[PDB]
Amino acid sequence: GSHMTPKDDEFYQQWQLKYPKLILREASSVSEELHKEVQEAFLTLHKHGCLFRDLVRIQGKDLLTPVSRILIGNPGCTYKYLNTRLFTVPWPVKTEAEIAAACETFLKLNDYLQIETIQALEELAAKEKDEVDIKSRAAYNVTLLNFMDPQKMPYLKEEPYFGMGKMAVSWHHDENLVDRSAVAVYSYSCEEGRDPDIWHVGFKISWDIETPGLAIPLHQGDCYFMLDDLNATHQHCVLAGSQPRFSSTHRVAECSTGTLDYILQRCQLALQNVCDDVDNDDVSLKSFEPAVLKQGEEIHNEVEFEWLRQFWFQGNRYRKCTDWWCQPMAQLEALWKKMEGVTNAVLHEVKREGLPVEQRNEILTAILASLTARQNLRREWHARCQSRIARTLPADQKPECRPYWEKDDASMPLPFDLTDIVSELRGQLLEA
Ligand SMILES: O=C(O)c1ccccc1-c1c2ccc(=O)cc-2oc2cc(O)ccc12
Ligand SMILES: O=C(O)CCC(=O)C(=O)O
Ligand SMILES: [Mn+2]
């Protein structure tokens with residue numbers, strides 16, 4: 001395989017014909033004032049230690065990301081990639097003033113890039129021969145900030161198909177975005193084939209290493225845009241230069257099951273089956289109908305694994321730059337603890353003498369997959385909290401395996417390990 005850069009005569013026509021949905025707006029087109037502001041914002045964020053490498057999970061292995069990052073965006077919004085849910089430090093849509101100022105800066109960059117994107121999307125439609133679709137596909141709700149110092153990496157991976165040289169980030173799609181949504185990236189580098197000292201973004205067609213890839217040089221303050229279905233039909237990578245680089249990558253995160261309001265509402269739905277006169281350990285349920293019980297136990301899993309474990313696995317890195325999620329997370333944990341109460345109440349009822357066996361077995365069938373998944377996912381998460389790299393990484397830089405409690409812990413109604421309970425319930429369902 002081979003690739004094309006601006007040095008190749010064929011670059012220009014290949015871009016024009018096979019990448020009309022890829023747009024580059026060079027530093028020129030962006031005001032010197034905005035450049036100054038976002039570049040300074042990058043630097044304060046970096047100095048206040050707001051960017052971290054994430055311990056992600058990909059095809060079974062636990063890996064530290066080469067880039068350190070932070071997610072900034074709409075209050076209560078989250079973004080899930082590589083099995084890790086990132087939580088926004090909020091930006092002032094309708095904390096220390098410095099970080100607050102930085103987030104404010106990245107909101108107005110967001111506004112600017114949003115405008116640029118709509119324009120580009122409008123011009124693309126005109127070329128191609130609705131109005132609501134365009135604006136919704138440009139309505140960026142988060143940005144993921146990235147930083148890498150390549151001189152800090154002992155060995156960088158070679159780009160494997162086109163001879164593009166050292167990769168800072170491997171070939172991928174930006175995951176979990178709204179369908180056909182645009183992506184906009186502000187790139188900030190500190191200042192035969194592609195120039196090794198300069199940062200590039202590379203593109204290829206999915207499934208395809210025969211059509212030469214493009215490598216687009218990125219100088220200080222250059223912006224690039226993936227429009228419409230480009231992010232889906234193509235992969236991209238980031239090719240490392242010799243100097244450090246920041247990027248701000250603005251996305252329309254698909255957040256239908258990914259906001260604080262969404263998850264609080266799911267919890268409230270679950271607790272509708274609980275007599276709510278008073279908050280104490282004496283949990284009693286309004287109904288034992290299979291469909292209501294299954295739903296309750298599913299919500300229980302959702303808040304435990306998608307929210308609590310995700311949040312705490314990331315070493316409590318937030319109250320550092322924002323306490324915003326601290327109270328929400330306390331609240332979600334209290335809701336989850338009530339639901340541990342619910343599971344116990346269901347279990348009590350299963351054991352009640354005078355419960356017909358047919359009704360018991362209908363209850364078992366309703367809840368068994370949820371409890372099985374709860375056991376398995378607890379194993380998987382506990383594994384993830386030790387692994388190798390978690391072991392290797394310093395004591396300061398370790399994942400927290402919360403919520404977790406000992407067999408002796410009398411504050412919790414059920415054991416953390418559900419193996420016996422699951423076995424027993426399963427056994428009962430095979431009884432004759
Ligand atoms: O880019 C990498 O090689 C990498 C290294 C360690 C951890 C994650 C990644 C990696 C990504 C890192 C950040 C990001 O925004 C996207 C990434 O996508 C990847 C896709 C892969 O197939 C394989 C790897 C990645
Ligand atoms: O920085 C870029 O150019 C794209 C960002 C990126 O590839 C990522 O880390 O998701
Ligand atoms: Mn990307």
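Counting begins at 1 with the first residue of the sequence. Order of appearance sets the numbers: ligands from 1, and atoms from 1 within every ligand.
Taking the chain with most contacts, the partner of ligand 1 here is, per UniProt, Alpha-ketoglutarate-dependent dioxygenase FTO. The molecule at ligand 1 is the drug fluorescein. Any N or O atom pair closer than 3.5 Å counts here, and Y81 shares no such pair with fluorescein (ligand 1). Here atom 12 (C) of fluorescein (ligand 1) lies nearest to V169 when heavy atoms of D174, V238, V169, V56 are compared. Residue contacts with fluorescein (ligand 1), taken as heavy atom pairs separated by less than 4.0 Å, involve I58 solely via side-chain atoms from C-beta onward. Other ligands and ions closer than 4.0 Å to fluorescein (ligand 1), given by number and name, are ligand 2 (2-oxoglutaric acid). Of all the heavy atoms of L82, the ones lying under 4.0 Å from any atom of fluorescein (ligand 1) belong exclusively to the side chain.
The overlap between the UniProt Fe cation-binding residues of chain A and the residues with a heavy atom under 4.0 Å from fluorescein (ligand 1) is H172. Between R69 and fluorescein (ligand 1), at least one pair of N/O atoms sits closer than 3.5 Å. Those atoms of fluorescein (ligand 1) that come under 4.0 Å of a heavy atom in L64, given as number and element, are 6 (C), 7 (C). Closest to atom 22 (O) of fluorescein (ligand 1) among all protein heavy atoms lies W171 O, 3.8 Å. Less than 4.0 angstrom separates some heavy atom of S170 from each of these atoms of fluorescein (ligand 1): 1 (O), 2 (C), 3 (O).
Protein heavy atom closest to atom 5 (C) of fluorescein (ligand 1), with residue, atom name and distance, is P66 CD, 3.7 Å. Taking every heavy atom under 4.0 Å from fluorescein (ligand 1), one finds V56, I58, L64, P66, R69, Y81, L82, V169, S170, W171, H172.
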